[PDB]
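First up is the structure itself, then whatever we jot down about it.
In this entry the chain letters A, B, ... are assigned according to the order of the sequence lines. Throughout, chain A uses the PDB entry numbering, with the displayed residues spanning 1-306 in order. Residue numbering for chain B follows the PDB entry, covering 1-306 in order. The basis for the numbers below is simple: all heavy atoms, side chains too, and nothing from hydrogens, waters or symmetry mates. For ligands, and for the atoms within them, numbers begin at 1 and follow the listed sequence.
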Number of protein chains: 2
Amino acid sequence: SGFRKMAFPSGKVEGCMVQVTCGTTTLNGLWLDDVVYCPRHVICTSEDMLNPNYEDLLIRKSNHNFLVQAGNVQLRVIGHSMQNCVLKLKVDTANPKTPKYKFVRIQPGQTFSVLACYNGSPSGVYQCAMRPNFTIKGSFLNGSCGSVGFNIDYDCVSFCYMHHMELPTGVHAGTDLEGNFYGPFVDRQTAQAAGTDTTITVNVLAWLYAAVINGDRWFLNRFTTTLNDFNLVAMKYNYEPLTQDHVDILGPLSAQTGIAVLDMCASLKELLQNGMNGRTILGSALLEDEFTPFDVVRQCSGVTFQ
Amino acid sequence: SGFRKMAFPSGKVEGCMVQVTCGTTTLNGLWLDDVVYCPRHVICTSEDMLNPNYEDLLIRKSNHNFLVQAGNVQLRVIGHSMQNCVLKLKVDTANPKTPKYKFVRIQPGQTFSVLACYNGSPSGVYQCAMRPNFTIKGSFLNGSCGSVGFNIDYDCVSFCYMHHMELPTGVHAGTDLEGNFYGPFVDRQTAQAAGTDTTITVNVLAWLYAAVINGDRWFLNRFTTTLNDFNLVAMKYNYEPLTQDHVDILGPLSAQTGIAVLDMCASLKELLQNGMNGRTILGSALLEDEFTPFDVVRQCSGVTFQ
Ligand SMILES: *C(=N)[C@H](C[C@@H]1CCNC1=O)NC(=O)[C@@H]1[C@@H]2[C@H](CN1C(=O)[C@@H](NC(=O)C(F)(F)F)C(C)(C)C)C2(C)C
Ligand SMILES: *C(=N)[C@H](C[C@@H]1CCNC1=O)NC(=O)[C@@H]1[C@@H]2[C@H](CN1C(=O)[C@@H](NC(=O)C(F)(F)F)C(C)(C)C)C2(C)C
């Protein structure tokens, strides 16, 4: 028993972290086989930030201008190119610690672990969700760019996020490993704001199932609801609409607990309309929306990674 | 910016995890140099649980009775001994991935990361505190015993916890790496309950400093208090007494923010007496007590590990 925000083990990723310095800027890079991937802003000076011309700045750099270090060892760069907002630096040595991996673009509402790094060295690991507004609620400082987000499926690391930038109110934005931003953001120091966020309904439902599995059952009521009526309430409380695909994905937890998804929707509706009256669920006074149905199943069943 | 419950990177620990099977029971072990450390209950059958005689059960096992596997490789056991509640299995191969390490006994109020494992394979990593009642609020299932808790200081892993057992209400108990339990608990399936827990005051104060550093300042009031008057209030709300040692440890955060510790005590006193009136601090509706002053400094300054 017990339920905690859990991150994936970070060792496979730690093995791939390096530091990249160009001129005076140092940030993190991801070394897979013989290529180091990093944010393209490593080539910028403090000056260049308001409106950088990356293509232009990259023309005047050669391979030797990039100082890549893996631990205490310099990796010689033998090629470079830019793909969207990331740079790919070909090095003369393949990383012997490269895990089996994929580059994936995740969808909003999905979760991943972030290995926060500074100067190519790991600082910590935590679990995040891609918010509906394409930001993440992270913990990043100057020098954290190039830190990555990932998921693990058995022995395979799916890299889904590279950190680039911090938006007003302390939320974070970045790209996929092909350098394409999540959301309508650009890597320049200009006026940018995230859209209004929304609550990830299917994840809240998943977490209520987690509460039931742990014996925290007080919020279960005696009613049911249609999907449409539930969504009318969810809308009012800035919750995203629950789709039939979401209902289907909740199937394993619904079958395990014997609580129909629409019955648990009726219970959530009551929590939204009435509040929790000073009670907690799994120790939380607010409804939690950064556990997916798969996260819940994975944690409550002890899924491991090779 | 941003503040998240962050765990230490787990790679050094992942490198040390193995599976131990004796008879029909399988749990996790920690392989350091040529010794595998695991919970002594691996030698018990389902039967033996109410009142095992461990010394007796261990007499009738020889080295070959323990099947240790590191990934897909069996490690031959060449010696065994029991130290308190843990077994030490000498193997014929030293673990090449052994990190620099120490065994430490932590104090209540201190935090650590847990690498939750099943069958010698990691499932997830999360951050915990040793509660004042000597339990931890974890997430563990059948087969998780032998999972360890740890801290990292540069390149050195300080192992402080081995998981043994789950207490009523889904809280967890275990030992240090010398096999001595934290708290008044024993490794037998008998009626056991944790004492009443208390809130870790110095950690709540640390987290309020974290909020200030992040710009969440609404709870700062205009007052001060003596240490004694503060402790009279803390007592009433089941908060542990704040000691001068705790005040001193908050010194770096107090100096960074310019808020005297006793001034922030006055603000905490008001939160305890008045509540938060539906407001949040760092996104939380409850006061958080599982960040130490060092955790806050470490996270807000980007401390990395070698
Ligand atoms: C990467 N190391 C930093 C990480 C930031 C620093 C503070 N917390 C972070 O996550 N990334 C940057 O400094 C990027 C980078 C220029 C500016 N920048 C920002 O994150 C800025 N934000 C924006 O401009 C905004 F709001 F539009 F996202 C800053 C005001 C410094 C937080 C480039 C090239 C985008
Ligand atoms: C180790 N793999 C399991 C981990 C437990 C299982 C459920 N969640 C956990 O953390 N450890 C055990 O099964 C230990 C072990 C006998 C029983 N036991 C317990 O944890 C039991 N708890 C107690 O007896 C109590 F309450 F006194 F702590 C159980 C009721 C199964 C949760 C031994 C040898 C202590």
(message) Quick one: do you know the drug at ligand 2?
(response) nirmatrelvir (bound form)
(request) Report, using the naming of UniProt, the chain with the greatest number of heavy-atom pairs under 4.5 Å to nirmatrelvir (bound form, ligand 2). (result) 3C-like proteinase nsp5
(request) State which other chains have a non-hydrogen atom nearer than 4.0 Å to nirmatrelvir (bound form, ligand 2). (result) B
(message) Working on a figure here: which residues of other chains come under 4.0 Å of nirmatrelvir (bound form, ligand 2) (heavy-atom distance)?
(response) B:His41, B:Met49, B:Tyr54, B:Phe140, B:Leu141, B:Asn142, B:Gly143, B:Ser144, B:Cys145, B:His163, B:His164, B:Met165, B:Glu166, B:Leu167, B:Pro168, B:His172, B:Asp187, B:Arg188, B:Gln189, B:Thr190, B:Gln192
(request) Taking only heavy atoms of B:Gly143 into account, list the atoms of nirmatrelvir (bound form, ligand 2) that are under 4.0 Å away from them. (result) 2 (N)
(message) Give the atom numbers and elements of nirmatrelvir (bound form, ligand 2) that come within less than 4.0 Å of a heavy atom of B:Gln192.
(response) 27 (F)
(message) Using a 4.0 Å cutoff against the non-hydrogen atoms of B:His172, which atoms of nirmatrelvir (bound form, ligand 2) qualify?
(response) 10 (O)
(message) Need the nirmatrelvir (bound form, ligand 2) atom indices (1-based, order shown) with element for anything under 4.0 Å from a heavy-atom of B:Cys145.
(response) 1 (C), 2 (N), 3 (C), 4 (C), 11 (N)
(message) Could you identify the single nearest non-hydrogen protein atom to atom 14 (C) of nirmatrelvir (bound form, ligand 2) and state the distance to 0.1 Å?
(response) B:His164 O, 3.6 Å
(message) Using a 4.0 Å cut-off to any heavy atom of B:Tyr54, which atoms of nirmatrelvir (bound form, ligand 2) qualify?
(response) 34 (C)
(request) Determine which UniProt-annotated active-site residue of chain B is nearest nirmatrelvir (bound form, ligand 2) and quote the heavy-atom distance to 1 Å. (result) B:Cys145, 2 Å
(request) Tell me the residue and atom joined to nirmatrelvir (bound form, ligand 2) by a covalent bond, if any. (result) B:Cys145 SG
(request) Would you mind listing which atoms of nirmatrelvir (bound form, ligand 2) come within a distance below 4.0 Å of any non-hydrogen atom of B:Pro168? (result) 26 (F)
(request) Enumerate the atoms of nirmatrelvir (bound form, ligand 2) whose separation from the nearest heavy atom of B:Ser144 is less than 4.0 angstrom. (result) 2 (N), 4 (C)
(message) Using a 3.5 Å cut-off on N or O atoms only, is B:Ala191 in polar contact with nirmatrelvir (bound form, ligand 2)?
(response) no
(request) Determine, counting only non-hydrogen atoms of the protein, whether one lies under 4.0 angstrom from atom 27 (F) of nirmatrelvir (bound form, ligand 2). (result) yes
(request) Determine, using UniProt domain annotation, which domain of chain B makes most contacts with nirmatrelvir (bound form, ligand 2). (result) Peptidase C30
Show the short N or O contacts, below 3.5 Å, that nirmatrelvir (bound form, ligand 2) makes with protein N or O atoms; if there are none, say 'none'.
| unit_1 | atom_1 | unit_2 | atom_2 | d |
| --- | --- | --- | --- | --- |
| nirmatrelvir (bound form, ligand 2) | 2 (N) | B:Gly143 | N | 3.1 |
| nirmatrelvir (bound form, ligand 2) | 2 (N) | B:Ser144 | N | 3.4 |
| nirmatrelvir (bound form, ligand 2) | 2 (N) | B:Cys145 | N | 3.0 |
| nirmatrelvir (bound form, ligand 2) | 8 (N) | B:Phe140 | O | 3.3 |
| nirmatrelvir (bound form, ligand 2) | 8 (N) | B:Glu166 | OE1 | 3.0 |
| nirmatrelvir (bound form, ligand 2) | 10 (O) | B:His163 | NE2 | 2.7 |
| nirmatrelvir (bound form, ligand 2) | 11 (N) | B:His164 | O | 3.0 |
| nirmatrelvir (bound form, ligand 2) | 20 (O) | B:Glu166 | N | 2.9 |
| nirmatrelvir (bound form, ligand 2) | 22 (N) | B:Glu166 | O | 2.8 |

